[PDB]
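Note: structure shows losartan engaged with Cytochrome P450 2C9.
Quick note: numbers on chain A are straight from the PDB entry, i.e. 28-491, in order. When reading the values below, keep in mind they use all heavy atoms of this one structure, side chains included, and skip hydrogens, waters and symmetry mates. Recorded method is X-ray crystallography, 3.0 Å. Indexing begins at 1, ligand by ligand and atom by atom, following the structure's order.
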Amino acid sequence: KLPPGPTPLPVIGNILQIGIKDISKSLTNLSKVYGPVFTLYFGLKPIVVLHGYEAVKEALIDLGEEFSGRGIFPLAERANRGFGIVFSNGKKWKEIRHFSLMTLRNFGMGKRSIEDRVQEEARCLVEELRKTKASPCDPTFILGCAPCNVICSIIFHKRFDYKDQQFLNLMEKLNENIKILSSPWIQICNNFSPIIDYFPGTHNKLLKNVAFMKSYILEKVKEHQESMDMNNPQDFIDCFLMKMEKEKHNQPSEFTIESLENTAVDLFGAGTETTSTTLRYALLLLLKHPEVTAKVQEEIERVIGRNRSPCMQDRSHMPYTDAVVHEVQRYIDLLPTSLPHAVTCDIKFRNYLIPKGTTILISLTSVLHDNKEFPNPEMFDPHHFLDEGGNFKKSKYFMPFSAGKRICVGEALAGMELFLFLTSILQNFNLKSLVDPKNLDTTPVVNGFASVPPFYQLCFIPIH
Ligand code: HEM
Ligand SMILES: CCCCc1nc(Cl)c(CO)n1Cc1ccc(-c2ccccc2-c2nn[nH]n2)cc1
Ligand SMILES: CCCCc1nc(Cl)c(CO)n1Cc1ccc(-c2ccccc2-c2nn[nH]n2)cc1
Ligand SMILES: [K+]
């Protein structure tokens, strides 16, 4: 038998007993009744939900391979998304994940480190902030250009200028699809309809923008096919073509131009929004808690100084700053239910049997907001990541990137973008709120499977 759960109604399952507004709250509520493991029916489709650290750890880590599948919904087909990493499964996934992990190492693509690409961008990020001349500002756009430009660098061997139109178009389309995909209507409600697509227009728009991006990725690929030093692959494309020119006798292969571009779109998709929002939300949290902003800056002044830009080495000699970044990610809880998983085979899990294919909903919130581990888990406090001596305190419950075999491919790159961009900003700027901190409110605004910070403006005031 499958786990227990609230008895569904005929043909709509448990649809109307789940608050579509704040799903994570609804799942947590259900846990208080049915426990750490439970089933919901999303219209005859069962969904096992894991909730709390113990359940999540033993599914995702202890039974990693079994829980390594990606849950597929109709939106996967309508927006054609199962051909890269994020939404692929089986071999296709195993191979492309692995290649991408290797390639995304810090020195996986030649002499230029990932870290050097990020530092170059942190520089430019700082420079744009200057161009705002200390006037009010909605950092949404600027802060999103950086993580996007890092992906551009990783994929095409170098960055764009923030006013280059090719870049602006790329970003526009990315930003459009992300906002579209964030609608409850597309993420949830259209998924109730397994065959008929009630938003054909929207999917058409989504695909039209993917194609624009794909077509650009092809213009670059071709160019890389005539700048090809086989001994110095300078970016993700070179590395991919290399792997292609080495599987020529293993047709058919997972590595083709089709998969390269699908994978590149996955990187753009996964790489810019969440990093971008996390930065935006970090600023808002620093504005609200200026004692924190000040202590990070003490660390920056003492360890880094002004004669140079920050590097990843500094991180180990900057426990307060490390705690702050960690606390931002834990508090904001951006993907409260990760990405749905699926089991790969028939699996006994605790008391119950879960059939192969069954969708699995991991509650990251449950872990990140565990109160034994993080007392007062609803209130931003770097102290959650600090021992009584002021050293950094690791946590098994730090899973903003999820856990196990499907853990964020970008874990390290994100942490590098979070640590470098924030230290770089706080190194050269002080932050002023337009309105008084007292009435700012940084509570997450939550809409389906997405947390987001509330609109705010601020001034980037230069120091020294
Ligand atoms: C603050 C930043 C980020 C957060 C919080 C985050 C979080 C996540 C989460 C929760 C997942 C779902 C994992 C799962 O299915 O269990 C995921 C998947 C993924 N992330 Fe990120 N991520 C971030 C940044 C990035 C960046 C910069 C990249 C750049 C390469 C990236 C690439 C991916 C990829 C490729 C996947 C799909 C992994 C797979 O299914 O095999 N992420 N991320
Ligand atoms: C299939 C032929 C048209 C496709 C399409 N490509 C683009 Cl570009 C546009 C921009 O609005 N569009 C049209 C489009 C029209 C309606 C929506 C939409 C907006 C809000 C609420 C429902 C809809 C909708 N989606 N599908 N049908 N109606 C989205 C995109
Ligand atoms: C111009 C192209 C814009 C990017 C975008 N539009 C479309 Cl449609 C795809 C579908 O794969 N993509 C790529 C896409 C890939 C993965 C995700 C995903 C990755 C990690 C965490 C959440 C996201 C998510 N899924 N749905 N919305 N955002 C987002 C976008
Ligand atoms: K239409």
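In this structure, the ligands or chains belonging to losartan are ligands 2 and 3. With the cut-off at 4.0 Å and only heavy atoms counted, the binding site of losartan (ligand 2) comes to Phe226, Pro227, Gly228, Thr229, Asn231, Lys232.
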